[PDB]
Amino acid sequence: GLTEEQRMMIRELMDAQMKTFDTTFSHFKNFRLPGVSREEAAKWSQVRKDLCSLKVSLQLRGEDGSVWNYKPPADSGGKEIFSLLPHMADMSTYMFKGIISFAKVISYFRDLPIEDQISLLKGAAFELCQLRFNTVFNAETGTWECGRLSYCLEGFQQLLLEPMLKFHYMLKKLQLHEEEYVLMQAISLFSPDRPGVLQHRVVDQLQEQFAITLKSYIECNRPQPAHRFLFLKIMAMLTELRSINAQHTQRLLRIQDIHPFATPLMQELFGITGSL
Ligand SMILES: Clc1ccccc1C(c1ccccc1)(c1ccccc1)n1ccnc1
Ligand SMILES: C[C@]12CC[C@@H]3c4ccc(O)cc4CC[C@H]3[C@@H]1CC[C@@H]2O
């Protein structure tokens, strides 16, 4: 019951997702791994709380059948809390490159002025990265299954207090289709109120249009009473995700000001110029 414009819109989004989402992470290589007064000190207590919010163990399944497993250390007051940051930066950077390739291919995104493209990517790269991570999140084992790589959360009631983490469990519960995930990525990408956007009217009409398509898709393909208000639930999660984005952006910048680790691409997406 979708229009031909709506059907073509989903086809282009799914096409962009298929071409630019390395779901098996087969081309994520050369990444780093952990080794084998008062105003400058109040930061450390906040950075320490940020890093130990959600900790993950890391597993590498080699192509030969071997398995490396990394269990992170506990906070003992030193620099050991930063051990997984270089790897997290490399993985995030790899996801961001796929996100940027995703946007540049969508026709509605390609047609915007280049400055608005950059403004939209700077605003939504983290959110689309989290949306893609949720499709490989295993809520039964609490693990993000990224091909050869697995990231397992180290009861669980105090862990769902982490907002980003409650988001992953709640979004996974909705059991969305691939078409609904990619429509969420489009709605998040075309948020007309990111810092620096000029064509606020063009982006807003495009976003309302991806939302109408998602609303219509759900109405046509989900009559079950369990999917009542599913569209509104999805839109509420996108609002929460945008807020999680702002929280984690400040967490990153706090950690960056004290222990630099952001890659050049991460610096570009987060406004870091390269000079103190
Ligand atoms: Cl999102 C994610 C996927 C896979 C492994 C780890 C994480 C996580 C993260 C958060 C923001 C940007 C990149 C990765 C993360 C997932 C859920 C809740 C918090 C953080 N993470 C970074 C450090 N420890 C865990
Ligand atoms: C997830 C944290 C905030 C967001 C940080 C981030 C944010 C963005 C990004 O591209 C990578 C990372 C890696 C480290 C993350 C942090 C580790 C602990 C903290 O909670």
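Numbering starts at 1 and runs along the sequence shown. Per the header of the entry, the method used was X-ray crystallography, 2.3 Å. Counting starts at 1 for both ligands and their atoms, in listed order.
At ligand 1, the PDB records name the drug as clotrimazole. Notes: drug at ligand 2 recorded as estradiol. The macromolecule with the greatest number of heavy-atom pairs within 4.5 Å of clotrimazole is, in UniProt, named Nuclear receptor subfamily 1 group I member 2. For atom 20 (C) of clotrimazole, the nearest non-hydrogen atom from the set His87, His248, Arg251, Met91 comes from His248. Atom 3 (C) of clotrimazole has its nearest heavy-atom neighbour, among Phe133, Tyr169, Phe126, in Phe133.
Most of what chain A uses to contact clotrimazole comes from UniProt domain NR LBD.
Taking a 4.0 Å cut-off on heavy atoms, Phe137 fails to register as neighbouring clotrimazole.
In this structure, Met88 has a heavy atom closer than 4.0 Å to clotrimazole. Here is the list of clotrimazole atoms found below 4.0 Å of a heavy atom in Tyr151: 5 (C).
There are UniProt hyperforin-binding residues of chain A with a non-hydrogen atom under 4.0 Å from clotrimazole, namely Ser92, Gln130, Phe133. For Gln130, every heavy-atom contact with clotrimazole shorter than 4.0 Å involves the side chain, none the backbone.
Atoms of clotrimazole found under 4.0 Å from any heavy atom of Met164 (numbered from 1 in listed order, with element): 17 (C), 18 (C), 19 (C). Each of the following atoms of clotrimazole lies closer than 4.0 Å to a heavy atom of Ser92: 13 (C). Residues touching clotrimazole within 4.0 Å, heavy atoms only: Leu54, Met88, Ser92, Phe126, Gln130, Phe133, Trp144, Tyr151, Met164.
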